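A short write-up of the structure that comes next.
Each chain gets a letter, A, B and so on, in the order its sequence line appears, and its residues count up from 1. The structure shown is a partial extract from the entry, and contact counts are restricted to the extract. Technique stated in the header: electron microscopy, 2.3 Å. Start at 1 and go down the list; that is how both ligands and their atoms are numbered. For the numbers below, each heavy atom of this structure counts, side chains included, while hydrogens, waters and symmetry mates do not.
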Amino acid sequence: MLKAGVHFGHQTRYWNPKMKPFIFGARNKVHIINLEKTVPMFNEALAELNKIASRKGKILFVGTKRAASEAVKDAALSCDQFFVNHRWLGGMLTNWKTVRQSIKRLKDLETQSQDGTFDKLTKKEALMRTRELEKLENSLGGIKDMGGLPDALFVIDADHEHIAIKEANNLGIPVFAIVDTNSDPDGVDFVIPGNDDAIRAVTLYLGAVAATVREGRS
Amino acid sequence: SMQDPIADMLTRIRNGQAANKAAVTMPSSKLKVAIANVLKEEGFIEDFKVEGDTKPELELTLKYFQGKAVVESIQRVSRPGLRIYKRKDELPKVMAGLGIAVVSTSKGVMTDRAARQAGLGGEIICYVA
Amino acid sequence: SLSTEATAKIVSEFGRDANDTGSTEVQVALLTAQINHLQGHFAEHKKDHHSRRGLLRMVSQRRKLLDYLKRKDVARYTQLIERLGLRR
RNA sequence: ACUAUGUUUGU
RNA sequence: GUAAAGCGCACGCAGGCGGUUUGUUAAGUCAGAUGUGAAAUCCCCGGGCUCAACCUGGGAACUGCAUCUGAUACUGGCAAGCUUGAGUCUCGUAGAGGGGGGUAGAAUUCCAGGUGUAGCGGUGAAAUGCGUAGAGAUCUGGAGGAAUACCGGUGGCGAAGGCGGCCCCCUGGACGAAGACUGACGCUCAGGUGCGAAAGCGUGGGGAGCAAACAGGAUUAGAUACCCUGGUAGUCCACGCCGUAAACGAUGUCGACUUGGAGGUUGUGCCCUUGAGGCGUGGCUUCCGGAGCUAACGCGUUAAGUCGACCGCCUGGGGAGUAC
Ligand SMILES: CN[C@@H]1[C@@H](O[C@H]2O[C@H](CO)[C@@H](N)[C@H](O)[C@H]2O)O[C@H]2C[C@@H](N)[C@@H](O[C@H]3[C@H](O)[C@@H](O)[C@H](N)C[C@@H]3N)O[C@@H]2[C@@H]1O
Ligand SMILES: CN[C@@H]1[C@@H](O[C@H]2O[C@H](CO)[C@@H](N)[C@H](O)[C@H]2O)O[C@H]2C[C@@H](N)[C@@H](O[C@H]3[C@H](O)[C@@H](O)[C@H](N)C[C@@H]3N)O[C@@H]2[C@@H]1O
Ligand SMILES: [Mg+2]
Ligand SMILES: [Mg+2]
Ligand SMILES: [Mg+2]
Ligand SMILES: [Mg+2]
Ligand SMILES: [Mg+2]
Ligand SMILES: [Mg+2]
Ligand SMILES: [Mg+2]
Ligand SMILES: [Mg+2]
Ligand SMILES: [Mg+2]
Ligand SMILES: [Mg+2]
Ligand SMILES: [Mg+2]
Ligand SMILES: [Mg+2]
Ligand SMILES: [Mg+2]
Ligand SMILES: [Mg+2]
Ligand SMILES: [Mg+2]
Ligand SMILES: [Mg+2]
Ligand SMILES: [Mg+2]
Ligand SMILES: [Mg+2]
Ligand SMILES: [Mg+2]
Ligand SMILES: [Mg+2]
Ligand SMILES: [Mg+2]
Ligand SMILES: [Mg+2]
Ligand SMILES: [Mg+2]
Ligand SMILES: [Mg+2]
Ligand SMILES: [Mg+2]
């Protein structure tokens with residue numbers, strides 16, 4: 001078990017009928033995930049994540065909602081993996097050869113800001129490049145050092161980050177998503193039922209994933 | 001108004017496979033049981049049982065392979081509005097032999113391959129690819 | 001129409017017992033009683049087409065029941081029609 | 001308030 | 001569905017099709033045999049004209065038909081059943097379902113009268129029109145016809161067309177609960193029959209309002225219109241015709257199966273009914289949407305999805321739903 005109490009699914013009216021196997025008898029117009037079926041799938045998801053981390057793969061932590069942005073960022077940094085915690089860019093994966101130029105621009109401004117020419121030039125255009133920086137960094141900071149396509153994708157909300165999932169699907173990248181009762185577990189290669197918005201649940205998922213890939217890097 | 005219980009049985013299988021259901025239940029008849037026997041021996045369905053005493057309910061266990069329905073095509077041939085009878089030398093080959101044609105012969109319900117071996121023709125009940 | 005007492009009298013007098021309300025003879029007798037009873041209503045209300053449809057439904061049902069009874073066993077069929085006053 | 005019409009034929 | 005194409009709707013004969021079990025038959029079906037299926041032709045191996053065309057040997061084929069023997073799973077026939085389909089009975093429910101009577105209130109118009117006075121009415125603006133013969137406005141009384149404000153609701157009922165003030169009488173259908181009963185009695189339906197908006201027609205009534213036609217005034221280049229002032233048929237009733245509508249969901253009927261969400265209406269079971277509540281279960285309905293389907297739009301358990309039965313209809317645009 002090791003996770004009960006923290007997560008309870010969405011209201012019944014928003015339930016995806018493809019979540020019925022993982023639903024355990026909604027209590028009061030609120031669906032209850034079958035944790036007895038959650039424990040094995042989550043373990044096999046963690047097991048597979050460990051295996052690809054053993055193959056020295058890259059795991060992208062995709063959580064974009066405000067309640068989980070910082071949790072995704074810290075967990076990925078703690079396990080020295082990459083992440084996207086703000087708005088997912090359409091084509092982050094499928095249009096990599098274009099977003100690659102954008103992270104290159106971000107890296108150049110990073111050198112310019114800290115050590116390059118950033119105060120030896122006109123001030124209005126100086127902070128123009130400054131304000132461009134955090135915009136380009138809060139969108140691409142978590143994937144500055146990817147150097148390519150990732151080998152795995154861990155998603156907090158399946159339906160919310162549906163764009164990322166289908167970007168991984170057509171690229172052939174396995175997806176590990178926390179699929180709640182209102183999401184379609186179709187594009188997910190390793191479905192993990194559970195809450196996608198509760199702070200305690202998300203940190204618990206991220207801590208387990210962060211630990212598991214760390215042991216995979218050994 | 002339910003004038004083809006055999007096609008109803010095939011449709012329940014076809015709709016059950018499309019809906020990814022584990023089992024499909026239907027009113028039972030000995031012709032349906034004979035057809036279900038052929039399907040089970042050919043590997044299209046896992047199993048069937050005929051529970052019930054005066055109103056028997058035949059329930060078939062559908063079979064899925066790699067997340068896909070095993071029965072891709074199931075099509076009634078000899079419908080009540082048009083009966084199809086084939087002689088032995090003109091029995092149909094379904095999917096060039098990769099499928100079966102359920103045939104009702106004087107020696108019982110069998111596949112087109114079994115009927116060819118027995119040297120018999122008969123009524124072409126359905127194609128199962 | 002065809003009040004409970006009128007219905008109860010017909011089934012007892014055309015059926016085996018008081019619960020044999022589904023027999024073809026009972027059904028034909030019940031339809032015949034209602035058809036005859038509605039005859040007075042439609043003599044006065046000749047423009048009541050919507051009620052005529054229910055009456056013609058009774059006539060069609062009685063005809064089909066009588067055809068079934070004739071096909072099944074003619075002896076009861078002949079007995080029933082002379083007892084009810086049928087065949088035009 | 002309430003007007004009508006716009007010759008034929010091409011690249 | 002929108003490209004051509006679902007009859008306006010229904011009942012229903014013939015016909016087509018038909019739940020489930022057993023027995024029997026062997027008609028359909030299947031198997032075998034035998035006979036026949038002229039030769040030529042076609043086709044396949046050959047052979048002869050120097051080759052080819054052509055000629056020619058043999059074989060295959062002639063997919064058919066008939067007879068005999070056999071098989072009996074399915075369809076059919078016959079017999080006996082069974083209960084699921086279908087129907088009957090018991091209790092109850094909702095409803096603008098239909099037909100026939102009666103009645104109420106508001107309003108319009110008209111008639112008579114009182115007060116009162118110079119406008120009223122109408123329009124984009126006007127004018128025609130009405131008004132000192134007393135209008136319009138206001139009040140009282142009366143007559144008459146028609147329709148039923150609010151309720152009223154992608155509410156309900158009906159096969160469809162359609163149906164809403166209230167009351168009574170006669171009457172149809174639907175649905176639900178629990179049982180009992182009959183024991184495929186079913187589905188569809190060419191011909192046939194019935195119903196079938198409005199307009200229209202006939203006979204007889206009625207006639208307030210509205211209003212084709214028509215008249216006048218405008219507008220306009222013209223205005224056989226739109227607008228205004230009137231106004232006949234008609235609209236109303238009874239009976240009898242007609243039988244057509246974008247009679248539409250542009251979607252035939254019946255049956256089965258196939259994720260969901262949010263409502264409405266109408267029953268019904270259980271439970272904490274604590275109170276309009278919760279959990280089921282029906283019928284009918286609205287919106288959205290999944291798979292699937294679709295040319296797309298979109299449909300999507302009320303399918304345009306997956307199937308089965310039967311019917312109707314289409315085969316480029318016009319000519320023409322016209323002529324005969
Ligand atoms: C409840 N189903 C509806 C159906 O109902 C009809 O058949 C039912 C049978 O029981 C009747 N109960 C009902 O009274 C009757 O109306 O009418 C059709 C009409 C059709 N043009 C379309 O319109 C859609 C448009 O095509 C689309 O463009 C628009 N966006 C939405 C419309 N619904 O979809 C509806 C819808 O399929
Ligand atoms: C308990 N709440 C309601 C109940 O009210 C009654 O329930 C009990 C009787 O059973 C009584 N004891 C109780 O006092 C009374 O309150 O009536 C039913 C009627 C049923 N056709 C259905 O309609 C809904 C359906 O879901 C569907 O038909 C539609 N979508 C929406 C309808 N409201 O759901 C309601 C709902 O269950
Ligand atoms: Mg001109
Ligand atoms: Mg058109
Ligand atoms: Mg068309
Ligand atoms: Mg129609
Ligand atoms: Mg009919
Ligand atoms: Mg018939
Ligand atoms: Mg049968
Ligand atoms: Mg024979
Ligand atoms: Mg030669
Ligand atoms: Mg030969
Ligand atoms: Mg010959
Ligand atoms: Mg037989
Ligand atoms: Mg038989
Ligand atoms: Mg009996
Ligand atoms: Mg006809
Ligand atoms: Mg008529
Ligand atoms: Mg009229
Ligand atoms: Mg007239
Ligand atoms: Mg006028
Ligand atoms: Mg027409
Ligand atoms: Mg209409
Ligand atoms: Mg039409
Ligand atoms: Mg929809
Ligand atoms: Mg369609
Ligand atoms: Mg004509």
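Present at ligand 2 is the drug apramycin. Here, the main chain in contact with apramycin (ligand 2) is recorded in the PDB entry as 16S ribosomal RNA. Within the structure, the other chains placing a heavy atom under 4.0 Å from apramycin (ligand 2) are, by letter, E. We find no covalent bond linking apramycin (ligand 2) to a chain.
Site of apramycin (ligand 2) with heavy atoms closer than 4.0 Å: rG263(E), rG264(E), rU265(E), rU266(E), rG267(E), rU268(E), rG269(E), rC270(E), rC271(E), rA276(E), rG277(E), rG278(E), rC279(E), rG280(E), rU281(E), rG282(E), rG283(E).
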